[PDB]
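In what follows, a structure is listed as structure tokens, so that the remarks can point back to it.
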Amino acid sequence: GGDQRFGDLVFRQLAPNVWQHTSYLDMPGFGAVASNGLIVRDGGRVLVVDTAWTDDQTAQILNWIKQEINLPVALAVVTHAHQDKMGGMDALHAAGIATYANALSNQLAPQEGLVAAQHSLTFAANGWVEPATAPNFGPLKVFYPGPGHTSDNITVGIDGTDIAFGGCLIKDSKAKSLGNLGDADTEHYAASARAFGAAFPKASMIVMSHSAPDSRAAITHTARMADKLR
Ligand SMILES: C[C@H](CS)C(=O)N1CCC[C@H]1C(=O)O
Ligand SMILES: [Zn+2]
Ligand SMILES: [Zn+2]
């Protein structure tokens, strides 16, 4: 279709200023598993959502940005303390990029075998990021929907687009399962999925970690599967 290959990664333009990055990691019982994040150009800078699985892959994301956009990466926000989302933090840091995560992600990252972000986000009781903790986030709208896939999972909308990113909270409309639930909050998951949908009620393109972009039926379907856990 429109997928651009760059080394071992894939880049898909979703909107004029927005690309999805995709990287892969072998896992037993699963094969080579895709993880998606985002790249957003905001004026004269670039914003990244999530690393790739590894430092090397993350450096390749930066190389793609250099080749295709050739503007500084002002910051990255990473959406929970798992390897697919934070595996590449040292590559961002080597590159001089300021990093942000949920406070709880930074607290958990060491024991997860991950490097913490440099800056912690905290969230109002209504789930919206406290805006003073997310300086220079431009069009990124960061929302904590409650515990679900993990206790620390956060989501991101993009102002001026029809896109909302569910990270590993949301699976596609035909997904057979919710994946590994080892760190999940099975009581709260369905509500958290629905809270994501309600935070971004206008988004028609739902982007997520482990499926291609889908309609909002991804949210309804994920929530319906999560209903079965409680
Ligand atoms: C390591 C990642 C973190 S979200 C994971 O748990 N995955 C990646 C694909 C599905 C699921 C699994 O192993 O069940
Ligand atoms: Zn995860
Ligand atoms: Zn994941």
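Position 1 is the first residue of the sequence, and the numbers go up from there. For the numbers below, each heavy atom of this structure counts, side chains included, while hydrogens, waters and symmetry mates do not. When a ligand or atom number is given, it counts from 1 through the structure's own listing order.
The name recorded for the drug at ligand 1 is L-captopril. Here the macromolecule bound to L-captopril (ligand 1) with the most contacts is known in UniProt as Metallo-beta-lactamase type 2. Measured against 4.0 Å, the other ligands and ions close to L-captopril (ligand 1) are ligand 2 (zinc ion), ligand 3 (zinc ion). Contact atoms of L-captopril (ligand 1) toward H82: 3 (C), 4 (S) (distance under 4.0 Å to a heavy atom of the residue). Close contacts of L-captopril (ligand 1) with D84, meaning ligand atoms under 4.0 Å from a residue heavy atom, involve 3 (C), 4 (S). Under 4.0 angstrom from L-captopril (ligand 1), the non-hydrogen atoms of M27 all belong to its side chain. Here is the list of L-captopril (ligand 1) atoms found below 4.0 Å of a heavy atom in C168: 4 (S).
Atoms of L-captopril (ligand 1) lying under 4.0 Å from at least one heavy atom of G179, given by number and element, are 14 (O). Shown in contact with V33 at under 4.0 Å from a heavy atom are these atoms of L-captopril (ligand 1), numbered in order with element: 8 (C), 9 (C). Atoms of L-captopril (ligand 1) lying under 4.0 Å from at least one heavy atom of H149, given by number and element, are 4 (S). Both the backbone and the side chain of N180 come within 4.0 Å of L-captopril (ligand 1), counting heavy atoms alone. Filtering the residues that UniProt lists as binding substrate in chain A by heavy-atom distance under 4.0 Å from L-captopril (ligand 1) yields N180.
Within the 4.0 Å heavy-atom cutoff, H210 counts among the residues contacting L-captopril (ligand 1).
Intersecting the UniProt Zn(2+)-binding annotation for chain A with heavy-atom proximity to L-captopril (ligand 1) (under 4.0 Å) gives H82, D84, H149, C168, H210.
Within a 4.0 Å radius of atom 1 (C) of L-captopril (ligand 1), the protein has at least one heavy atom. Heavy-atom contacts of L-captopril (ligand 1) within 4.0 Å involve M27, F30, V33, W53, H82, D84, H149, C168, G179, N180, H210.
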